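In what follows, chains carry the letters A, B, and so on, assigned in the order in which the sequence lines appear, proteins first and then strands, with residues in each chain numbered from 1. Remember, it's 1-based here, ligands and their atoms both numbered in the order they're listed.
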Number of protein chains: 2
Amino acid sequence: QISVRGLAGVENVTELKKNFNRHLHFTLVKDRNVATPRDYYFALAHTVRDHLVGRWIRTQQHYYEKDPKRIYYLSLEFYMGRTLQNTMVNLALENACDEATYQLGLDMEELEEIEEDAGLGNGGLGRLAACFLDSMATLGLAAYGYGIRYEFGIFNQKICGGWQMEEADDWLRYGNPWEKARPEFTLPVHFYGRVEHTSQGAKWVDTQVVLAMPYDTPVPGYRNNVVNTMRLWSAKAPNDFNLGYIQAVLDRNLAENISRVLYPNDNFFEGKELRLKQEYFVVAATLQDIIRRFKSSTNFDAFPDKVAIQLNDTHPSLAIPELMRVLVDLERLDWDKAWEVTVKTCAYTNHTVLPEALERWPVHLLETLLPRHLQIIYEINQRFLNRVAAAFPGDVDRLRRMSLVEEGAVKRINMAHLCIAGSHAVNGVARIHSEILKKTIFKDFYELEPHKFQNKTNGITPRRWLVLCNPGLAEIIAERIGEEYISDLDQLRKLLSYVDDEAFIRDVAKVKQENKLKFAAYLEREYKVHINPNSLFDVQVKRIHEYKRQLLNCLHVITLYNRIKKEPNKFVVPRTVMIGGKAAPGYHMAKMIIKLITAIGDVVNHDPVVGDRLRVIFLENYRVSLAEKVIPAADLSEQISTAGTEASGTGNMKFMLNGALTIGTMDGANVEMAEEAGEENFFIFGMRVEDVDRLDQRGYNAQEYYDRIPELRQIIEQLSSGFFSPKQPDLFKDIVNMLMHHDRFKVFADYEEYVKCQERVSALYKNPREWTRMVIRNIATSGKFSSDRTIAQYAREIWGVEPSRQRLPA
Amino acid sequence: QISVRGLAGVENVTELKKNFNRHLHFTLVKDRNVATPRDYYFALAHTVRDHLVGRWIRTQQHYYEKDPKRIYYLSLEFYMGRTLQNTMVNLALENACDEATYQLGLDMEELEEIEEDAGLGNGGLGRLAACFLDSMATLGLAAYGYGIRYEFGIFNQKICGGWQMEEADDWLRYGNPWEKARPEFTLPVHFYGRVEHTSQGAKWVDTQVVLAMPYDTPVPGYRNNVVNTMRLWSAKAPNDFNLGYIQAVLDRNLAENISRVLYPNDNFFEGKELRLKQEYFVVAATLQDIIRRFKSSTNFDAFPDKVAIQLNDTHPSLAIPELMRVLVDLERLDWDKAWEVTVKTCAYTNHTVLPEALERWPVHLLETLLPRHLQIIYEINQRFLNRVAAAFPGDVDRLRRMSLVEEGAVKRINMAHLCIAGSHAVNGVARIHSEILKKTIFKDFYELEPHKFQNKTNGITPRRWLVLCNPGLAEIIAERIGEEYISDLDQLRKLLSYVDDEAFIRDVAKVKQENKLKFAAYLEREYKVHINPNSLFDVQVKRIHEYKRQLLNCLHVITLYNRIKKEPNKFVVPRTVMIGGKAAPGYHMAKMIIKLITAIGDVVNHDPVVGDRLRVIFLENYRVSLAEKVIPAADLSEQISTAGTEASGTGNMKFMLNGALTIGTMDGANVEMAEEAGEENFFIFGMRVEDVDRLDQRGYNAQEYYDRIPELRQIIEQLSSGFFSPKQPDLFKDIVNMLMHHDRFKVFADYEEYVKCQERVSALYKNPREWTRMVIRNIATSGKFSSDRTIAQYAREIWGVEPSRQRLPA
Ligand SMILES: CN1CC[C@H](c2c(O)cc(O)c3c(=O)cc(-c4ccccc4Cl)oc23)[C@H](O)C1
Ligand SMILES: CN1CC[C@H](c2c(O)cc(O)c3c(=O)cc(-c4ccccc4Cl)oc23)[C@H](O)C1
């Protein structure tokens, strides 16, 4: 149908149809009379998977022969989403498969909806890892993603009585056609035990063993015939485990629990033993695999020339002392040489400055679980602090500030400090964030080793986040400037010369309207909810957090409702306000915010005076596949975190690429987005980082705003009196109390400017032509935010490898 | 190479080679450079599996169109062993695959050794179910095996310091290429809860739900293009299960533990809640599946015309009250009609008279776990006892003897009594056993309903137990009488006219010698043990039991050793005595017997005076695949259970078919074997059932035998004094004490006759020609013991269906 989806050749379509039929018969053991839509999905998935294998085998053979430097990306999270469409896009198979399935009497889009998300992440950090894998493959890097194959990913969110309920994401129930189990490469991982000192060094003995079994998933590059590997580890008990008889067999579950479930916390540290086991498990298995591959090319001097290890946050920070352990205890290298190798191998990416996200593990936990690693950490700390003392003589407070060991009620290890000490590079994820690192939380470390500190502004893959989810937009762009932008997103700048093109303006606006109609149809079919497709689609989708300020959005929504009720017969630009996202199960305030949103909707959506002028919808079970549906349909992107709290954001970039305008604070990557597009083409409001700092010095008093803003007073009175909860008048007492007395994120301080700025949004939306022209200026300048750019910078500035767009032979 | 293994056509070999290469590439994602022998095994397994699917789909389609009466074989155990060779045999693919793999540079026998046994059974009962499935498919019956897919089957046995050690049989570790998961046919199973009585009957409410997910395995008939199904259920927690968050997800293991592990007890009842859950789990899921299929053909009058349910022992006895529950509570049938349907549908097979194997469940367990079933059982009991009282008025002791409810310290339900009441047929498994049932333990029931009681003498499949494991013998037989005997084993009688044929005598003896050489080679390669292949191979392989009397064998072994030591320079026929089998982990005495065997070997095998005249070897990890190796190599089959204790035995039949002579008591199927071959061609010794009865009346005094038999006294003195355990003199005190004071199985009473009979064995072995002629008379008369005969009798006399040897179109 459309050009960017590839060719549907006679030979290809015929071959796909026959291989589809073969898989239905031989693989699924079904015929057409009994086959269900799910059977058809699997037959298609297996058919497409067949096209990967040849390329997958030859890519890995190529790496064996050429022996390039290998990149190992370690993450506890890989938020992959669905794989079928992505694979078709990257292999240029989409139109051929669409045709083949059509001739078989099947609708391919319907089959695509059957695939479960691989929801092995919480949000931004996990999705970044996924975009990165795509970009590394597209840029021809010898890269491997290493993580955990969780049996249960991020929970499925149900809304019951306006409240979040959690249920197990049993994503493997029907099988996963993309993975290949590799039980032959199973490796042992050690826990507990004790340290013995002998004539020939330290020995870690009397350990409990858990097996790590790898599952490999192919990662295809964009039309370059490169297929890289994501290797995920699964926990297995050894066969002599606890070996009355029956109980010993049942107790194997204890060992296998390590890979059972993803901790559902977004930017929050929970200091639980099971989590620590997961972190060591992935690190220990991964490092053995790395060393084995390195030896199969004695001399570890060349190790950093052949290996790079990227730590996605501090979660895999144990890689540092584990590498030291292997090199010193097992390979018998001297400390100083092992350390040189470790530092030159490892690099660390920081994702947040928020204190509650920082990993600080109790010494007593590491003492019991990983006794040798604790000893190595103490030794790292001693040697590091000796360097600090020699650089800054007599500065005793600096020594205590920089220590990897934090003294107090319970002694803890600061994992971020460990990462900085043991890495040759430390990066933040947006320019403002990286500057904050150097100026505040890691200031001491920056003064000691300034060369270590870098910035690598985040990005998103334009394959998933444009071509896949918004083919209509990708096509009208390709009609003007060709297809090369898909792997060179900077070419979108060429669209600036079409900002006054009447045909293009009409086409951009038409693509948006179609996306909005499709999404309005999705909502009725799957959730029986009625929305006006001619209204402004105002969307905030992201994890529920106090720092992300869904509450500020709530306050605006109520303001609009109150204004309508005061002057019912006045014209207002109609809006559909959509808010979605998951709350961590134990995050009480975030769960209260969800209830508030649904409670507002219950009042607003049923007021006859409002009509279809204002609608408030909570988007249930927000996840990658839902993002691919709602983001193309959005007019307004809400990016309204308190300045200095959102390190980068990536959701912001997805909206920019897909033709929504942004209302946002000067926070994270919003700053660079506004800089690229021009501040005139962005709806910027609120305190800057400097303004937040000034308010903190003075002391934030929420009462001041309550006293001086009558519209804000009314909302607080409504919340307090039970206007939004008639049967439970005091339901939102915690929210009001927080806002009035302990709001770390200064919701009231940005309220006036936010409301004013929203009025300017509505004014522009009244002028469709000028709305769309501003949209074109955003899309045209979104190129910087391709993860291809991000990965090219990691490659050249951290990993010491050169990216390549050259094809491998098919 | 050999005729019975089929044709190796040019077209077939070429096709197999290309499909092997396809699977290696696309399925295993490997090329020849990195592929391991295991990869080659899987490529072959997938290639052979492809040949099943067409036949599998069309067989099940055939049953849908013709709508025959369906046979449902319910068992907690299916001891399948390996599947690859069996599938090739039944599809006539063995020579073609041998050729195809040879041309690829691979040895097929080596690849066959890679496959794990499906060890989902303990011994005889589980292996009987497996032979039955093979025969039902070969006889064209619309049959389904229903069981549990245990994650862990019968433990792998290791011998350490002469002691049995157990380890988990992780048989699914590398995957199972034969099964097809069917998550779409998942069914709920209910536990706990309570009973509510309403206006419209009883209701079972507030239950906990466990999901039952089916996995289907193909069961191919012998060259008839029929492929039947074995459906095994796996336990899955529902997604809202226990839905802090993390613990709730981890607690899903509790539900899934139901299908985790096979109880490793052979002919022994262990009254554990987990076992009861397994028994209900298989029954509840199976019965829903049966009823669904029956409806997809309102009127349950035709139910018994379309459905037969065979209960393999009392393990699935809950099928009776569960069928009543569904028919009465859910379908709203009146009691009397539901009962009529139930009785006409169900039939029960008894496997033993030993009291410790009989299932007697505490009322309090059923009360908590299955409250509605307990109520139904009480009602069954009341109505049944009203029938007894009307038939035998005033016989109050009969009422208490026949009750399904046993009164005492703890009230129990007798599951065997339940089965008899609710079945239209009850069978024993050998003529002597079935007579014992009618005369002793079920005498009261026989007097009430004599028409119910039948015999169905056990059998073994000649495919696995001759063609597969002994191709050399199968071939020399086929050279004389053709191939038709493989599915009509009675044709072996034609071999009687070759008993004086000098060529045949030479060939039979040559095949045995080759088998013995092959097995002697297997022992050195895998276990580094040296045996003399010219010695008499004296073997007892079966589960370790007091009733099976491995101890009597031990006493003979010691007698032989003592006789050699007394007269070293006297000629004796050299023997290799092999004993193998697993002990239930909690069966202390059986574990002591294993230690005794190894302890005897330690002394005997290292005495220089003995030389290679006597060797004692414990065969480690006895299982189906080992049986297929040792049975063809055996000269003498030890079948020496106390008369009246071994219901049938099936190991006995395997040895008879494979050219070993039998030393045995008149017990189980030994009686019918001797009757078929002629008592002159069997080494029968010891007490008959009548002699055992007479000794019990008088009182068994072991001291009498000790006092009057000097050779026996010496052995007991040796055991007591520490001759076989110098460092632990009192090691075997328990064994001696048992033998002298509490031996329920009268080891001493059969000792003299056994030793005398063994002397007659050695005498015959000295005359190779006459040994072999007696062998020919055994093989020639083994036809009755084909499971094809057994299944034809079940079909005609219990199930009301006619077997068919007619081919389905390929
Ligand atoms: C004082 N108390 C407030 C709640 C907080 C908390 C919980 O008790 C439980 C949670 O799951 C979370 C969470 O997911 C994220 C954040 C969080 C994360 C970043 C910034 C600010 C906050 Cl409040 O906080 C959480 C912690 O107990 C400290
Ligand atoms: C008195 N005591 C003896 C041991 C017996 C027992 C155990 O304690 C544990 C077991 O695992 C078994 C077993 O597997 C088989 C038999 C058994 C089975 C059939 C006939 C005779 C016997 Cl002894 O007995 C077992 C039971 O506790 C009664």
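- Measured by close contacts, the chief partner of ligand 1 is listed under the PDB entry as Glycogen phosphorylase, muscle form.
- The drug or drug candidate found at ligand 1 is flavopiridol.
- At a heavy-atom cut-off of 4.0 Å, other chains contacting flavopiridol (ligand 1): A.
- For flavopiridol (ligand 1) and A:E546, the ligand atoms under 4.0 Å from any heavy atom of the residue are 23 (Cl).
- Close contacts of flavopiridol (ligand 1) with A:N267, meaning ligand atoms under 4.0 Å from a residue heavy atom, involve 18 (C), 19 (C).
- Under the 4.0 angstrom criterion, atom 6 (C) of flavopiridol (ligand 1) counts as having a protein heavy-atom contact.
- Looking only at heavy atoms of the protein, atom 9 (C) of flavopiridol (ligand 1) is closest to A:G586 O, 3.4 Å.
- Which of A:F268, A:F745, B:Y245, A:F269 comes nearest to atom 24 (O) of flavopiridol (ligand 1) through a heavy atom is settled by distance: it is A:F268.
- If you check which protein heavy atom lies closest to atom 20 (C) of flavopiridol (ligand 1), you get A:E356 CG, 3.4 Å.
- A:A357 does not count as a contact of flavopiridol (ligand 1), since none of its heavy atoms falls under 4.0 Å from the ligand.
- With respect to atom 23 (Cl) of flavopiridol (ligand 1), the closest heavy atom belonging to the protein is A:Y587 OH, 3.3 Å.
- Close approach of flavopiridol (ligand 1) to A:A584 (heavy-atom distance below 4.0 Å) involves ligand atoms 11 (O), 14 (O).
- The presence of a protein heavy atom under 4.0 Å from atom 13 (C) of flavopiridol (ligand 1) is confirmed.
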